[PDB]
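What follows is a single structure, written as structure tokens, with notes after it.
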Number of protein chains: 2
Amino acid sequence: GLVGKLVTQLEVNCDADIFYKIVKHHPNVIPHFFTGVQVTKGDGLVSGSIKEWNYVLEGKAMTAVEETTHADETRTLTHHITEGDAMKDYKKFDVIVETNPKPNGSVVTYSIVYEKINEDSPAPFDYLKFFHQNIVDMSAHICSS
Amino acid sequence: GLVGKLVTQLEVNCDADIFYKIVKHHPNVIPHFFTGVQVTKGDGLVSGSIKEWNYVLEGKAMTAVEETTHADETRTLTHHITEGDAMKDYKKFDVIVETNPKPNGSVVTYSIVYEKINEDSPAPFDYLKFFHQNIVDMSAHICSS
Ligand SMILES: COc1ccc(Cc2nccc3cc(OC)c(OC)cc23)cc1OC
Ligand SMILES: COc1ccc(Cc2nccc3cc(OC)c(OC)cc23)cc1OC
């Protein structure tokens, strides 16, 4: 089992497009900072970012290089990791965030698409829980009106 | 975030229908046993089961009552938990296993569909990892020919 995908999906009581705009532009207790740049398309408007993150996951300090892009039409954010501690375990590591209206608020889906270096590599449950708790935190700071 | 779904999806080098038949009818190192019954449809043939499991998850002994059904046409197995330790955290807890051919072997998807009792409940990452490791183990004991 070298290629796979982990997903956390959560219902949120918020219009999909509004929630997407919140996620696209947004905890201090988790140690983290980044340096990097913004990327533009051609009309001079920012379309994404390339960031080098320094962070602490489950007590351990790590770095990652991440390129973020977005698709407003499908309310999708994509984080493509090119370098860093996670690349000791994964040949490929991408995080896709989608927000959609409930067929019925919204459903938010975080998917971690991965390919392991070898069979001794773990699947990224640590990252799934980290992103899940981050999105639960953010969502509990949002309310109607 | 009270209603959600966790997923682990893995690629396997096996025909979908064959892999489904293997999963449908299949580690001793994990402490577990069950008692219970088989369920029939009307032609007298077994269509499912109702089992009371006794097991140890992350060192802790637990019980669960599980009703399993299957859909051969869609290669889907469904495990519906009605009682047990997990129901201290979840109002609803269902595990859905799907096997499909790669649009290209197969893709196996384990989904845990849950509703928490309250916001203090955890999301079932412990169960996701347990089912993931179980399916990785099983799949590493299967080879071509
Ligand atoms: C190795 O995997 C990653 C590691 C760090 C990041 C950085 C990152 N991207 C998006 C949202 C984030 C949100 C975070 O919490 C505020 C955070 O702290 C480490 C990092 C975040 C992304 C990663 O994949 C998207
Ligand atoms: C609380 O959640 C559950 C707890 C136990 C089970 C029992 C079960 N069902 C299917 C496959 C299993 C496979 C297991 O490993 C061999 C196992 O050991 C506890 C239990 C299994 C299912 C559960 O949900 C499907």
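Proteins get letters first, then strands, A, B, ... in listed order; numbering begins at 1 in each. These values consider heavy atoms only, across backbone and side chains, with no hydrogens, waters or symmetry-generated copies. Counting starts at 1 for both ligands and their atoms, following the listed order.
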- Task: Please pick one of carbenicillin, ciprofloxacin, mitiglinide, baricitinib, papaverine as the drug found at ligand 1.
- Result: papaverine
- List the other chains with a heavy atom under 4.0 Å from papaverine (ligand 1). A
- A/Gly84 heavy atom under 4.0 Å from papaverine (ligand 1): no
- Query: With respect to atom 14 (C) of papaverine (ligand 1), which of A/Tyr55, A/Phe130, A/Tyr114, A/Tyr90 exhibits the smallest heavy-atom separation?
  - Reply: A/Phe130
- Message: Less than 4.0 Å from atom 17 (C) of papaverine (ligand 1), is there any heavy atom belonging to the protein?
- Response: yes
- Task: Assess A/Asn134 for proximity to papaverine (ligand 1): is some non-hydrogen atom of it under 4.0 Å away?
- Result: yes
- Near A/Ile81, which atoms of papaverine (ligand 1) are under 4.0 Å from a heavy atom of that residue? 2 (O), 23 (C), 24 (O), 25 (C)
- Close-contact set for papaverine (ligand 1) against A/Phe131 heavy atoms, below 4.0 Å: 23 (C), 24 (O), 25 (C)
- What residue and atom, counting heavy atoms only, is the protein's closest point to atom 2 (O) of papaverine (ligand 1), and at what distance? A/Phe93 CE2, 3.2 Å
- Give the residue, atom name and distance (to 0.1 Å) of the protein heavy atom nearest atom 9 (N) of papaverine (ligand 1). A/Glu66 OE2, 2.8 Å
- Could you list which atoms of papaverine (ligand 1) come closer than 4.0 Å to a heavy atom of A/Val95? 24 (O), 25 (C)
- Item | Atom indices of papaverine (ligand 1) within 4.0 angstrom of A/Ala86 heavy atoms, with elements | 1 (C)
- Mark up the atoms of papaverine (ligand 1) that fall under 4.0 Å of a heavy atom belonging to A/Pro27, in ascending order. 16 (C)
- Message: Quick one: what's in the binding site of papaverine (ligand 1) at 4.0 Å, using heavy-atom distances?
- Response: A/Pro27, A/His32, A/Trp53, A/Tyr55, A/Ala64, A/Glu66, A/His79, A/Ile81, A/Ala86, A/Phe93, A/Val95, A/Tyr127, A/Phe130, A/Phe131, A/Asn134
